[PDB]
**Student:** 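Consider the following structure, which includes troxacitabine.
Chain letters follow the order of the sequence lines: the first is A, the second B, and so on. Heads up, chain A uses the PDB entry numbers, so what you see runs 20-62, 77-260. Residues displayed in chain B correspond, in order, to the PDB entry positions 19-260. So this one's X-ray crystallography, 2.2 Å, going by the header. Computed from heavy atoms alone, side chains included, the values below leave out hydrogens, waters and symmetry copies. Counting starts at 1 for both ligands and their atoms, following the listed order.
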Amino acid sequence: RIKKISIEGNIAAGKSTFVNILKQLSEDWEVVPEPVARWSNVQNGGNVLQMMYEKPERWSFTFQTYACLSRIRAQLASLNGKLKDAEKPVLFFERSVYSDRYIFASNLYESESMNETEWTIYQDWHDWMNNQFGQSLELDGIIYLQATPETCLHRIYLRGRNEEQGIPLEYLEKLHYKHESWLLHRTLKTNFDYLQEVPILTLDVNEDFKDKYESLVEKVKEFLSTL
Amino acid sequence: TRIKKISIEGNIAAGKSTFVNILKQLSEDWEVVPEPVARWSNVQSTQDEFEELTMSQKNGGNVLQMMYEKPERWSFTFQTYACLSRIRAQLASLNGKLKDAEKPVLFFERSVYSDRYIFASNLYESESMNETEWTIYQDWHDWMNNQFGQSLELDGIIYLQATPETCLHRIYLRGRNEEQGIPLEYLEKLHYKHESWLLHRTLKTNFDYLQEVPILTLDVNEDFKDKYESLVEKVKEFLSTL
Ligand SMILES: Nc1ncnc2c1ncn2[C@@H]1O[C@H](COP(=O)(O)OP(=O)(O)O)[C@@H](O)[C@H]1O
Ligand SMILES: Nc1ncnc2c1ncn2[C@@H]1O[C@H](COP(=O)(O)OP(=O)(O)O)[C@@H](O)[C@H]1O
Ligand SMILES: Nc1ccn([C@@H]2CO[C@H](CO)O2)c(=O)n1
Ligand SMILES: Nc1ccn([C@@H]2CO[C@H](CO)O2)c(=O)n1
């Protein structure tokens, strides 16, 4: 009975920021953050996020499986014990198992960072992992935060995560086109048929946060009352 | 889950599939879940429903061969897929076999416990998997077991014991192409792990019930005819203890 909303967008578009803001409007609303802290210290452990950026042809498959697993684990745990003694419970996911596969992993495959065997294994693993464990995780709606790759590049410097500081603009441009093809043009098809009827709210977040944040929060409230 | 689950464990080419495929013929309540070795040497993911009508299921990579050729690069990848494909196969047969059995028994060729505590652990110990890879693998494997709880728990284990030299010869007899370069030293390491887990029972697992699961050790070093009778008898006796 919890409504599951995924918040999607490029790296450093502003998703944790916006969603941590939005959480405070209702006691009924909670967030599942993207487990980037677990990725940076594998458990002090290895930094598999950094391994993937420095040696993507070596570490990409390993990173992607750990990434998707940590996300499902965290999403299932928030569903199972949180809210539910609540009038209208909403859970916001920072991204989903669908961006894991169809944006990020897919882009590593198209870049030759994963070979054909690695990609076939990843998809088999993802198909099976989701058909079992991830049934309770189907999305009721998606919020797309769009910001240009230049904005996202600026916001990477501003935030200052060490593993990310060498990300080139052209890398962010590739991830942007994939989001646009998925969530704006809707030309990117998944092997999950329910996803084609999931409503999408696109929000422009290119501006500084004083500029639009009232309209944005309100649009989210409008959007959620519909579901 | 009135179905009794019995795993068959032992080294490569010990004779596990030969024994159990013959053994299961004694009852209609006995079935076997093979190890998905063919899926590992020919890697394939599911086709789209419209694409498969016009496109053949192509032969994919051989991650079994890749692991044997460069274990340091491919071990983690191989072991993750080795365990996934096994769990998928084991759970499906649990859900759909032996619905009209009186005393149903499902034999598993190996288990998720040997995937981790024998094979993957030996790869880590050989430094074919690094600390980050071993941590990820174990975390994954742990989380998956929690999720089923008692779904795949074993009522018993049958250990088929064969010397490294026997297995090495049997690898040659069988003729599986990717196994032909396996040195005796590798088989001997796997041999010591089974003995610790299954015979001396000193190997510690995160799964507490295993410390007390009934185990039957059978020597399969002899030619097949020479001992099959005594074996089948030990097995039937064992099964009635459970
Ligand atoms: N609208 C905005 N205007 C200026 N900075 C923003 C805005 N939204 C987010 N930021 C900043 O950009 C960085 C990335 O935001 P964050 O929420 O961490 O991105 P994400 O969660 O999408 O990776 C942080 O420094 C954050 O303070
Ligand atoms: N007891 C035995 N005596 C002679 N050959 C055997 C015996 N058990 C198995 N074999 C042969 O040894 C090879 C390996 O057996 P197999 O059951 O495929 O091993 P596993 O399933 O443990 O890898 C096959 O060629 C099989 O015919
Ligand atoms: N499956 C994923 C998910 C996210 N990423 C990148 C890598 O880290 C950032 C965190 O926002 O995003 C990724 O590379 N792969
Ligand atoms: N998890 C596993 C399971 C089995 N093996 C080896 C590799 O494949 C042969 C098949 O018996 O055995 C392995 O290397 N790792």
**Student:** If I want every instance of troxacitabine, which ligands or chains should I look at?
**Tutor:** ligands 3 and 4
**Student:** What would the PDB entry call the macromolecule that lies against troxacitabine (ligand 4) with the most contacts here?
**Tutor:** deoxycytidine kinase
**Student:** Write down the other chains that contact troxacitabine (ligand 4) with heavy atoms under 4.0 Å.
**Tutor:** B
**Student:** Find all residues with any heavy atom less than 4.0 Å from an atom of troxacitabine (ligand 4).
**Tutor:** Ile30(B), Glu53(B), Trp58(B), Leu82(B), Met85(B), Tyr86(B), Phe96(B), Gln97(B), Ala100(B), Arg104(B), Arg128(B), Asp133(B), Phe137(B), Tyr204(B)
**Student:** Around atom 15 (N) of troxacitabine (ligand 4), find the nearest protein heavy atom and jot down its residue, atom name and distance.
**Tutor:** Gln97(B) NE2, 3.0 Å
**Student:** Among protein heavy atoms, which sits nearest to atom 10 (C) of troxacitabine (ligand 4), and what does the distance come to when rounded to 0.1 Å?
**Tutor:** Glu53(B) OE1, 3.2 Å
**Student:** Of all the non-hydrogen atoms in the protein, which one sits nearest to atom 4 (C) of troxacitabine (ligand 4), and at what distance?
**Tutor:** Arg128(B) NH1, 3.6 Å
**Student:** Just wondering - which UniProt-listed active-site residue of chain B is nearest to troxacitabine (ligand 4), and at what heavy-atom distance (1 Å precision)?
**Tutor:** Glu127(B), 8 Å
**Student:** Return the residue, atom name and 0.1 Å-rounded distance of the protein heavy atom closest to atom 7 (C) of troxacitabine (ligand 4).
**Tutor:** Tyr86(B) OH, 3.3 Å
**Student:** Give the other ligands or ions lying under 4.0 Å from troxacitabine (ligand 4), by number and name.
**Tutor:** none
**Student:** Hey, quick one: which of the residues UniProt lists as binding substrate in chain B get a heavy atom under 4.0 Å from troxacitabine (ligand 4)?
**Tutor:** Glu53(B), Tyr86(B), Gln97(B), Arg128(B), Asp133(B)
**Student:** Among all the protein's non-hydrogen atoms, which is closest to atom 6 (C) of troxacitabine (ligand 4), and how far away is it?
**Tutor:** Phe137(B) CE2, 3.7 Å
**Student:** I need the atoms of troxacitabine (ligand 4) closer than 4.0 Å to a non-hydrogen atom of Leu82(B), numbered in the order shown.
**Tutor:** 7 (C), 8 (O)
**Student:** If the cut-off is 4.0 Å to any non-hydrogen atom of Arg104(B), which atoms of troxacitabine (ligand 4) fall inside it?
**Tutor:** 3 (C)
**Student:** Can you pull up the source organism of chain B from the entry for me?
**Tutor:** Homo sapiens
**Student:** Hey, does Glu197(B) come in under 3.5 Å of troxacitabine (ligand 4), counting only N/O atoms on both sides?
**Tutor:** no
**Student:** In troxacitabine (ligand 4), which numbered atoms sit nearer than 4.0 Å to a non-hydrogen atom of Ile30(B)?
**Tutor:** 12 (O)
